[PDB]
Amino acid sequence: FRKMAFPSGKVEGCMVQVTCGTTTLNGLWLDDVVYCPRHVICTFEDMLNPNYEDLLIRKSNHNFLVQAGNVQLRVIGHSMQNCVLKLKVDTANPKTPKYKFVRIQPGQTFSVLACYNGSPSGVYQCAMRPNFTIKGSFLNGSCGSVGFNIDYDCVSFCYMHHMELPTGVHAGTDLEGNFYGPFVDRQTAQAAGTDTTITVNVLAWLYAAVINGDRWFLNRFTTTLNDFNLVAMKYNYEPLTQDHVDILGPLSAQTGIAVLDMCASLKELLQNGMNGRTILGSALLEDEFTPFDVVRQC
Amino acid sequence: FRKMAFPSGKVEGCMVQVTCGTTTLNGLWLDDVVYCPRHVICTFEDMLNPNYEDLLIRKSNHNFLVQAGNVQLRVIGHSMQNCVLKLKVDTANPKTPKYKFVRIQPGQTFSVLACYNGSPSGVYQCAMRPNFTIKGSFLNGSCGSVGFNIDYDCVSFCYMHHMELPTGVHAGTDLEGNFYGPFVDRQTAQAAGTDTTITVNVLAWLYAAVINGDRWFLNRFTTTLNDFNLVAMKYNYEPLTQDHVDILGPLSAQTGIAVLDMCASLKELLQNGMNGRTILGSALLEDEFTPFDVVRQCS
Ligand SMILES: *[C@@](O)(CO)[C@H](C[C@@H]1CCNC1=O)NC(=O)[C@H](CC(C)C)NC(=O)c1cc2c(OC)cccc2[nH]1
Ligand SMILES: *[C@@](O)(CO)[C@H](C[C@@H]1CCNC1=O)NC(=O)[C@H](CC(C)C)NC(=O)c1cc2c(OC)cccc2[nH]1
């Protein structure tokens with residue numbers, strides 16, 4: 001299995017740069033609105049302790065430089081929604097795809113298009129951790145890069161990049177400007193909560209193994225969801241929700257293995273370990289493939 | 001530090017579907033030419049042992065159905081270059097990027113745009129293995145998917161997809177239609193030569209691990225180039241040349257770790273194992289980042 005990103009072209013055509021003073025970052029141009037992190041209005045000194053509402057009072061439409069490449073897009077209005085700025089521009093983007101804004105859950109994967117000065121640099125797949133960080137790859141100038149999924153040519157934007165934590169993981173918002181996790185957009189060292197293993201994705205991995213004939217681990221037992229959840233947490237695994245059980249539905253039907261039967265198999269792996277055995281060639285259980293990712297690859 | 005592909009937009013605009021009889025696959029549309037695997041002219045019967053010149057002489061321009069999304073492109077000429085078919089069309093692709101065809105060397109990386117029915121599906125990074133296979137992700141209908149690098153707006157196409165070996169690895173050609181490796185476009189079970197590990201790439205990746213605050217595998221030892229190469233070859237690693245040592249220069253300077261000092265770290269990793277420890281989240285020594293890849297991402 002490869003970590004596979006979606007083709008990035010539909011998002012590349014939406015990337016612009018936004019500058020306010022010498023502060024430059026990336027923006028997302030959809031129809032006649034450009035979305036970007038609101039801290040673009042801050043000076044380095046203001047990022048230490050910002051009052052966004054006051055900083056924005058001193059800004060006008062003509063303080064914002066929006067560029068597609070080197071071509072300036074005239075700003076005709078501005079407003080703030082949570083931690084994102086919305087700049088109304090006088091040109092509707094002809095490359096705007098069909099799109100939606102969605103807020104994802106821990107465990108869901110998405111493609112990140114890393115950008116610098118409005119220019120796309122690379123694309124890779126990330127998973128939202130239970131502690132609401134992603135293990136990204138971002139340098140100075142990457143803020144405003146976005147994460148997305150594509151379903152039948154509709155682009156669902158789910159992430160806009162804001163911050164690197166002292167541990168080197170990354171934090172950001174949805175496209176309505178609401179952070180994932182307890183983080184805030186100020187220049188301070190912030191720490192994430194202890195992370196856990198993404199149980200629903202480990203189960204997807206086990207289904208993937210069964211699909212490919214690697215099924216030694218299937219056991220003879222079963223469990224209730226509540227009993228499994230209580231054991232899972234003693235091993236630093238996320239509890240399952242009803243939504244997790246339902247997104248495992250297609251793989252459960254494909255293999256004939258009930259979701260709760262697979263939970264019982266995983267519970268043995270957790271208690272007894274693997275015993276030098278491997279699954280899909282690895283001694284480690286993988287937790288960054290969603291049930292959808294397994295269906296796409298298999 | 002993550003496996004990172006090039007943005008695929010410039011390539012997506014070039015992907016089309018090519019159909020001959022009941023055989024369909026993907027093609028690459030640049031200016032007024034569509035490039036695709038030549039076995040699209042074969043009926044599934046044919047693939048068992050094709051005589052390609054003999055089969056192509058018997059086809060007409062109108063046997064080729066080329067679709068760019070919903071629009072049909074009219075084929076007005078065709079020619080064969082090794083394992084690649086070149087269909088001349090009456091329409092120039094307005095989204096043709098600046099491009100070049102290159103043949104890559106083992107150990108080098110490229111981005112793959114996996115396509116089905118002329119529609120792009122996914123993008124990921126691959127390396128050309130020393131045995132000239134690639135460890136990709138390709139299903140039925142993926143033939144004609146391409147691999148590429150991008151350098152300041154210019155797309156260097158280096159791979160066109162043709163085959164999945166029984167072991168699950170993949171094989172293909174350059175855009176002049178010459179296979180990488182000893183493979184042939186006939187429907188047979190084909191084995192590769194014994195693979196080896198790309199040593200310069202593992203070293204580049206260890207430099208990447210240090211830049212992300214993992215220095216655990218480092219040691220106080222040193223080694224000569226030849227003594228390292230003796231141990232490398234014993235572990236089925238490719239030899240490290242002096243040119244490799246020079247390519248590793250910048251990473252050595254940013255970290256202050258001499259190349260042969262890093263070789264001694266790798267020697268210890270090979271001789272003792274990683275002991276249940278992980279490097280950048282991997283339980284295994286990773287060999288599909290080039291020194292260029294590491295610099296581009298870390299800097
Ligand atoms: C943006 O590009 C800002 O425009 C930048 C992206 C990061 C730079 C390094 N890699 C990245 O992912 N984001 C920041 O610089 C943010 C700015 C905030 C939201 C105003 N700051 C941080 O990510 C940040 C600050 C501090 C810190 O201070 C004190 C101490 C430790 C970590 C840390 N991260
Ligand atoms: C193409 O899409 C063909 O148009 C297809 C891509 C592979 C299918 C599954 N995954 C892929 O990457 N390529 C093939 O089907 C090729 C066609 C040749 C070049 C004419 N054949 C194989 O990949 C192939 C044939 C055989 C085989 O025979 C008998 C036995 C074992 C493996 C095998 N692979």
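Residue numbering restarts at 1 for every chain, and letters A, B, ... go by the order of the sequence lines. For the numbers below, each heavy atom of this structure counts, side chains included, while hydrogens, waters and symmetry mates do not. Whatever order the structure lists them in is the order used to number ligands and atoms, beginning at 1.
Among all chains, the one with more heavy-atom contacts to ligand 2 than any other is, according to UniProt, 3C-like proteinase nsp5. The drug observed at ligand 2 carries the PDB name PF-00835231 (bound form). Other chains within heavy-atom reach of PF-00835231 (bound form, ligand 2), distance under 4.0 Å: B.
Contact annotation for B:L139 and PF-00835231 (bound form, ligand 2): only backbone heavy atoms (N, CA, C, O) come within less than 4.0 Å of the ligand. With a 4.0 Å heavy-atom cut-off, PF-00835231 (bound form, ligand 2) is reached by the side chain of B:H39 but not by its N, CA, C or O. Lab note: covalent bond from PF-00835231 (bound form, ligand 2) to B:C143 SG. The bulk of residues of chain B touching PF-00835231 (bound form, ligand 2) reside in UniProt domain Peptidase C30. Residue B:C143 has at least one heavy-atom neighbour below 4.0 Å for each of these atoms of PF-00835231 (bound form, ligand 2): 1 (C), 2 (O), 3 (C), 4 (O), 5 (C), 6 (C), 13 (N).
With ligand atoms numbered from 1 in the order given, PF-00835231 (bound form, ligand 2) contributes 32 (C) to contacts under 4.0 Å with heavy atoms of B:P166. The B:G141 neighbourhood of PF-00835231 (bound form, ligand 2) comprises atoms 2 (O), with distances under 4.0 Å to a heavy atom of that residue. Residue contact check: B:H170 has heavy atoms under 4.0 Å from atoms 12 (O) of PF-00835231 (bound form, ligand 2). Among B:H162, B:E164, B:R38, B:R186, the residue whose heavy atom sits closest to atom 14 (C) of PF-00835231 (bound form, ligand 2) is B:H162.
Checked against a 3.5 angstrom limit, the closest N/O atoms of B:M163 and PF-00835231 (bound form, ligand 2) fall outside it. Under 4.0 angstrom from PF-00835231 (bound form, ligand 2), the non-hydrogen atoms of B:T188 all belong to its backbone. The UniProt active-site residue of chain B having the smallest heavy-atom distance to PF-00835231 (bound form, ligand 2), to 1 Å, is B:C143, 2 Å. At least one heavy atom of B:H161 sits less than 4.0 Å from an atom of PF-00835231 (bound form, ligand 2). Heavy atoms of B:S142 found under 4.0 angstrom from PF-00835231 (bound form, ligand 2) belong to the backbone as well as the side chain.
The 4.0 Å heavy-atom shell around PF-00835231 (bound form, ligand 2) contains B:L25, B:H39, B:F138, B:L139, B:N140, B:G141, B:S142, B:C143, B:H161, B:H162, B:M163, B:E164, B:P166, B:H170, B:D185, B:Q187, B:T188, B:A189.
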